[PDB]
2 protein chains.
Amino acid sequence: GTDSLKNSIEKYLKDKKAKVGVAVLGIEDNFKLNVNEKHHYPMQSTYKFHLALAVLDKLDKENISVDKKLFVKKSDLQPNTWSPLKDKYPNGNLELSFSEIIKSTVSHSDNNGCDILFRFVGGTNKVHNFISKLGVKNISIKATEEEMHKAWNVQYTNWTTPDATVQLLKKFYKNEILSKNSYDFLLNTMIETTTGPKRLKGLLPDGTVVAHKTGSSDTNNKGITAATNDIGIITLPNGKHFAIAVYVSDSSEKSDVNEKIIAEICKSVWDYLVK
Amino acid sequence: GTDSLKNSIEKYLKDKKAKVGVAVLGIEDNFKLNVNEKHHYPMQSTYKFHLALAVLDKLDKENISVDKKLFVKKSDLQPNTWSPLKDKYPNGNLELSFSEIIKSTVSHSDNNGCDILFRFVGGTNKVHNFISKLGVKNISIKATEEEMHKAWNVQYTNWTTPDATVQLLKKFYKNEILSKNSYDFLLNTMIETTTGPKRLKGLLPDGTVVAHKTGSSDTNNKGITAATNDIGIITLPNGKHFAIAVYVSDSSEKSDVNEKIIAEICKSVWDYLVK
Ligand SMILES: *C(=O)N1C[C@H](NOS(=O)(=O)O)CC[C@H]1C(=O)NOCCN
Ligand SMILES: *C(=O)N1C[C@H](NOS(=O)(=O)O)CC[C@H]1C(=O)NOCCN
Ligand code: NA
Ligand code: NA
């Protein structure tokens, strides 16, 4: 039962030197599980999911095709950050579609793409309000990637509870947020995600569909990695779905262990739900 | 004359809110120019040039082909840093040649590749000593990319004078450091560099050969960008060469202006040397 799975997870976490937030919500059925869920966890790149929702909603509502192109200035592509876009287009100063920018932002976690889209959409407070007005409490979106890169503590202003994340993912999945078209596009993009292959996906059978979004922080001079996260919707072998979110925060563990925590917890929920 | 070029550069720098270090050394002739050269500038990624020298020297001396492969563990490919390798190989755990790793490290500034190679070569102190024993004073190599990412001030321990950089580049170029084979390989790799196209190269004629290596820091909460650098060897239209190094340090300027400083100073030296 849910209780026993939960006790298994808590016992697993006993000897891990990190503050680990877990939530699971069945999509089609009533399954629900929360562990350490009343803390505020730094989202890092996970909030590119939320940004993508606000962007596509804005494109939908204002009737703007995702094939329309922004001019991406050289200066939008900062060297001082994770950015496959910048490596693909080192000169910048070119026209890129919303589609290409979103795909790089979500599937490849582009930091520049993220901030290009915050600017397009009208800033962090626009996304913060958008998510809020969907009826999901306990998500704070306050800082761009550039803002977070300036100072360690800024990441903690972009925070969430893990149960708000899976409430949001479930709303998304049951297409309560977007048009059909934009829904399919974001969903595909999340399945096509290439980052964190040994996180949620790490110990599930080969080929399991995991539509997800990672996030990761740096480590400070005290050995603390603020955030090692993965959030997503996973397809069970009978075609049903669950939303899951895991936040490994303020960890003294090494990165292999931080990812393993996510993979093992996910594997434990998977095993329980398949039966 | 050299003096007047120098006064032009100093006058240019007058209204730039940054501490800018410049050195130029003719390769074949006696041209020499230094501006603010007695300060210690944070190298950032420029020190991947120095690392590559130590690596190739170690491969040369120990008779190890650059086509031999390291096993790159998942954990060598940290998500929390600029890394085209990691995006190309998200699962990690594969065999990569020294050649592929060096190319990504130098030409595409891979941070993971850098630290993989520090470990191969035997650590920062091995590279520090190697450079020292070449007869080039005033270069300090103390910290890996992972070490620098933990704390703001760590970058200042990897420091250089700009005239040590061009002394080093000149030694390299006149093939006083490596075997023929490893020389050609590093030189090609530096020409194939794709980063910072609007730095040294930014205002020179199209097609000018610039064998170079960039580096860039983050910006802190006070608006200071610690480092915006480019170092290289440039081919004049009569086939002669000059080494140049520019360090735009502790700048309150925006990134466009920081790069422009490098491009305009380089353009001024180019124009003087072509005549
Ligand atoms: C996201 O969390 N990012 C961007 C990128 N992707 O990582 S991942 O989403 O976990 O795969 C690199 C890590 C992180 C950063 O934003 N890293 O920058 C350091 C934080 N100031
Ligand atoms: C090098 O300076 N790097 C690595 C990468 N390349 O930039 S570039 O060499 O200027 O083109 C990104 C910037 C920089 C970093 O190491 N960035 O990380 C932040 C410093 N802790
Ligand atoms: Na931060
Ligand atoms: Na640093």
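Chain A corresponds to the first sequence line; subsequent lines are lettered B, C, and so forth. We number chain A the way the PDB entry does; in order, the residues shown are 12-286. The numbers used for chain B are those of the PDB entry, and the residues that appear cover 12-286, in sequence. Technique stated in the header: X-ray crystallography, 2.0 Å. Reckoned from all heavy atoms, side chains included, excluding hydrogens, waters and symmetry mates. Atoms within a ligand are numbered from 1 in the order they appear, just like the ligands themselves.
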Next item on the list: Please provide the name that the PDB entry uses for the chief contact partner of ligand 2.
Entry: Beta-lactamase
Check: What would the PDB label the drug at ligand 2?
Finding: nacubactam (bound form)
Notebook entry, point to check: Which chain letters come up when looking for other chains with a heavy atom under 4.0 Å from nacubactam (bound form, ligand 2)?
Noted result: A, B
Checklist line | Option nearest atom 10 (O) of nacubactam (bound form, ligand 2) (shortest heavy-atom distance, choices B/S228, B/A238, B/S227, A/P90) | finding: B/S227
Item checked: nacubactam (bound form, ligand 2)-proximal atoms of B/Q166, by part, heavy-atom distance under 4.0 Å -> neither
Notebook entry, point to check: Which of the atoms in nacubactam (bound form, ligand 2), numbered in the order shown and given with their element, are less than 4.0 Å from a heavy-atom of B/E156?
Noted result: 16 (O)
Next item on the list: Tell me the residue and atom bonded to nacubactam (bound form, ligand 2) through a covalent linkage, or none.
Entry: B/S56 OG
Notebook entry, point to check: With a cut-off of 4.0 Å, which atoms of nacubactam (bound form, ligand 2) are near a heavy atom of B/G226?
Noted result: 2 (O), 8 (S), 9 (O), 10 (O)
Item checked: Closest approach of any protein heavy atom to atom 4 (C) of nacubactam (bound form, ligand 2), naming residue and atom -> B/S56 OG, 2.9 Å
Check: Backbone, side chain, both or neither: what part of B/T225 comes under 4.0 angstrom of nacubactam (bound form, ligand 2), heavy atoms only?
Finding: both
Checklist line | contact_flag B/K59 nacubactam (bound form, ligand 2) heavy-atom lt 4.0 Å | finding: yes
Next item on the list: Between B/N122 and nacubactam (bound form, ligand 2), find which residue part has any heavy-atom pair under 4.0 Å and reply side chain, backbone, both or neither.
Entry: side chain
Notebook entry, point to check: What is the source organism the PDB records for chain B?
Noted result: Serratia marcescens
Check: Is it true that B/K224 lies under 4.0 Å from nacubactam (bound form, ligand 2), counting heavy atoms only?
Finding: yes
Checklist line | Protein heavy atom at shortest distance from atom 19 (C) of nacubactam (bound form, ligand 2) | finding: B/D229 OD2, 3.6 Å
Notebook entry, point to check: Which part of B/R210 is near nacubactam (bound form, ligand 2), with near meaning a heavy atom under 4.0 Å away: side chain, backbone, both or neither?
Noted result: side chain
Check: Under 4.0 Å, heavy atom to atom, what does nacubactam (bound form, ligand 2) touch in the other chains?
Finding: A/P90, B/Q55, B/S56, B/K59, B/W93, B/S120, B/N122, B/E156, B/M159, B/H160, B/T206, B/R210, B/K224, B/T225, B/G226, B/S227, B/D229
